[PDB]
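Opening notes on sertraline bound to Sodium-dependent serotonin transporter.
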Amino acid sequence: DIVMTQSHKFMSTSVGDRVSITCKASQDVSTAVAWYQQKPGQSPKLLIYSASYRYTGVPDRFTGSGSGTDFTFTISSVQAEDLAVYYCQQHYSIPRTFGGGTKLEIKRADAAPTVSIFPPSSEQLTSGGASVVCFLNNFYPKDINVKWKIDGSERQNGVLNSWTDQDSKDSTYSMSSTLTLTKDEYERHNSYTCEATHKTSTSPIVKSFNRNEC
Amino acid sequence: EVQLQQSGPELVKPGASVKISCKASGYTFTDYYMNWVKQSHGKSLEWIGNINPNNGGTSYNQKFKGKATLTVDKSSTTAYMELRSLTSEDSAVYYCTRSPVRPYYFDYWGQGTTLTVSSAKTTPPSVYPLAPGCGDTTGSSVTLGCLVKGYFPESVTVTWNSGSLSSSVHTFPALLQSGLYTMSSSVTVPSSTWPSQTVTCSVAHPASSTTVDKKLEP
Amino acid sequence: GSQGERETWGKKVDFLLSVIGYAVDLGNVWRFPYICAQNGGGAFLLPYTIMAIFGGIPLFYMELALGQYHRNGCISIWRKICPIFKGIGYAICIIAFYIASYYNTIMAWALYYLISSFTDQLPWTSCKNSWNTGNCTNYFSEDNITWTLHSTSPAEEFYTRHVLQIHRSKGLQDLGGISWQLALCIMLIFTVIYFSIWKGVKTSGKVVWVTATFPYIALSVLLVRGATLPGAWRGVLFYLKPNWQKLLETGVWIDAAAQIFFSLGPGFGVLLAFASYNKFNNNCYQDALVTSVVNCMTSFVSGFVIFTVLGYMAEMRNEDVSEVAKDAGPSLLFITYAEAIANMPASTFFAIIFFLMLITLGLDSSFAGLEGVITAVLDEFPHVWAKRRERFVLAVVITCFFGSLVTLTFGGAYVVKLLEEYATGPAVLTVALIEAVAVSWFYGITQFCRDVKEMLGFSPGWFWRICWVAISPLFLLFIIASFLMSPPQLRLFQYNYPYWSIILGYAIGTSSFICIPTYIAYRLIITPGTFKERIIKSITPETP
Ligand SMILES: CC(C)CCC[C@@H](C)[C@H]1CC[C@H]2[C@@H]3CC=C4C[C@@H](O)CC[C@]4(C)[C@H]3CC[C@]12C
Ligand SMILES: CN[C@H]1CC[C@@H](c2ccc(Cl)c(Cl)c2)c2ccccc21
Ligand SMILES: *[C@@H]1O[C@H](CO)[C@@H](O)[C@H](O)[C@H]1NC(C)=O
Ligand SMILES: *[C@@H]1O[C@H](CO)[C@@H](O)[C@H](O)[C@H]1NC(C)=O
Ligand SMILES: [Cl-]
Ligand code: NA
Ligand code: NA
């Protein structure tokens, strides 16, 4: 069989820069390499076939080069909607194999994470539970600290951090910190507070609310 | 134009079998090879095998010999793939993709089929609204959201007012714990449409076929 | 008086090239490269020689010795050894007729391709012809083309729809009628063999000079041509890449044994007849040794001649020579290789010499093919025959033409497969086993070593005695049992043969050797007295 090796699992680039992804094959391939684009949540889409040739319905900014074992997929002007995982695949010998995949992440300027805390709704108090939610929207980069505070004490149990994939419009990450608690414990504390530490500013953003019917 | 419509998600117990369809349209069905590519969660693409629609000329991979069985129907231009002896590794997203004979590229793909091989019971999602407090300062934009707790498998869809509008909706990936998933969604809408108009989040669960709609109330 | 002694050959080199020319044929050129490529690659060289050293060479030498010692035909030689096995001499005859029913028609195709290779623009290059369909897509056309399940190439179209004309038949069921072009071609071939056989070994010994030396020249030209083609290393890599795990499969050994048996061709009566016309004190050991070792070497270089061109073809397309060399039949030569030649400079030249090479590959072998039978019949019915040789040779050539009319049909290629794989093979292997047993276990191997010791002056080594006693009969037995245990499922040109095809193959197969058991019963039922006395007077040779 054939082993299509993509050494760089992740590559960083900016909007407008020239980015090139490499693909290493096992044996000599001549000009039998296809490049597919898979956006997060969509099916793969064929972009290049036979090393350099573009498929119908593919912008001119996507090119291809190489002749032998090492091949290169080049993007001239990177757009915000070009955020996807790129795969290379040989199409000469049976079976047809694929590469590891190179998730092309977009590098941009820093953004302040809008933090928004939310009290457990009445439908959940009716069911018998209460989860305080802390949303962190529109920031960059991905690295960001989230600290919880029930009543001034750093709460650490029952916290789940969920990072989304990068955005395809403004290239800003978003995450959700969840503090899941019981109703009995929720009705014994009043003002919850979640704070977030990012690199945009040294002072962590602090959000607080009261249980007494807001 | 060229459309390949597969079947919906499937939740099956380990050891059973599952068949996935692939309805083709927009091209001469008897002209192109029909292929099946397996994509694992977080892994790369993995070509399973192809089939010639004219006579059912299958060509499997040595790694899938005896694992997958490809069939085809010319009367309705629809391909099928059956998987037996299902394990945890088979829980992945499967595609069916069109391909010529030479050069052997995959020009058109299907939307995919989320397969979950587990014995966990199909749990209906608990939809709890995540409304901003009544003591917050209404600025130029308010951030709303809805919460989905406890469901299996990863088959859930959270929409906002029938998809209008959703120019600021952030959906957070589901997290698995104690055999049940939990996710959340949010939406940033201006202060000149809330709480004046009606903003309602819809939570659909195709695995349990349960659609619960909850309206946000401050 | 009258005849008395028989004639003898005109020169050592003539018989040395006659046997080499008979041994080398189409299969040496294309069957050995394919079977070597798909069964371990270069590692197929290892069992191919073992089946030669232990199986092929002993049968070749033992047949050439018996032939040069007894100087009798394929039929009359059994009267002087084991009369009950005289039916063998008849069986082979029938066998030959089946082979001659198709082996020439193949050449006919090449001939029809050769007479079609004199144009400045080769017919199988463009699609604007009278036989191409709307699926025909060729090169020197708009680039970007993508092949479709229904798309076809001008070469495949030219073979399928013009010369072979196989689209006009639905299979073995409906194959008529006959193509007059290939009938005239096979008539020209039966004429070029007529004037090369009718005079006896004199013309087949003068014509062999050309028929046996031309293929090496043509192979040389194609070799130095294909080595210069870009990307030809891929075909050589696929030809010689060792895959030793294939050697673990018990199948590749059977493939090698069968391949070296036909290619060597013992047991057919050709070597018997060719050896019959020679000096009694002439050496046989060196002759057999050299000829066989050349026959193998020639196959070995032919492998390069094919795979360099197929490597270039994989470079022009997209690699994995196995993909471009999937079909193991005449299509590998008449379509693939031809399409590769058409895209080269001096295409007319390499086409003329290629098809001419094919014809010259075939001619020497059918020369011999008929020579053995003619010798057998003339030696079995003396003075009732030999009144003229041209009469019998004509009756055979004509008989082969009428026997080839079934193959000259539109679905003639279907019949070719049926005849080539289900009929001749298992019967030739069977009669070869019977002959090897009769000479080794009935006439006596000690007396055989005494006859060689009389002719050559020295008794054969223990390696050969132990080969004839046990190694060779088990060598044929393995192939026969392997075939009979699982006959291959026949398929040709997207057409699977019906399930009853094997019955037809066995009918053709069984109708060939009905004479050996019915002749054993005939002589056993004609000779009076007890069955022990009849089989004792039937197994022991005539005393005077
Ligand atoms: C040469 C002679 C002795 C061989 C005869 C053997 C007979 C029994 C064999 C030879 C050819 C065979 C036939 C080949 C063709 C067909 C047509 C098919 O639609 C039904 C099977 C049928 C009818 C086969 C039946 C069996 C068959 C008739
Ligand atoms: C015997 N070895 C070659 C010689 C030519 C050819 C052949 C063999 C015997 C004969 Cl009577 C004829 Cl006319 C032609 C042949 C056919 C099938 C397998 C091998 C062979
Ligand atoms: C090649 O062929 C396809 C037809 O399937 C066509 O649509 C495409 O435009 C052609 N050219 C390229 C550069 O892909
Ligand atoms: C092309 O071939 C297909 C079958 O291979 C056939 O059905 C079709 O009619 C052919 N096209 C033309 C124009 O003859
Ligand atoms: Cl050989
Ligand atoms: Na041979
Ligand atoms: Na020959």
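Chain letters run A, B, ... following the sequence lines, proteins first and then strands; every chain starts at 1. As the structure lists them, so they are numbered: ligands from 1, and atoms in each ligand from 1. Note: hydrogens, waters and symmetry copies are ignored here, and every other heavy atom, side chains too, is used. Per the header: X-ray crystallography, 4.0 Å.
- Taking every instance into account, the structure holds sertraline at ligand 2.
- By chain letter, those with a heavy atom nearer than 4.0 Å to sertraline are C.
- Checked against UniProt's transmembrane annotation for chain C, counted from the N terminus, the segments with a heavy atom under 4.0 Å from sertraline are 1, 3, 6, 8.
- By the deposit information, the source of chain C is Homo sapiens.
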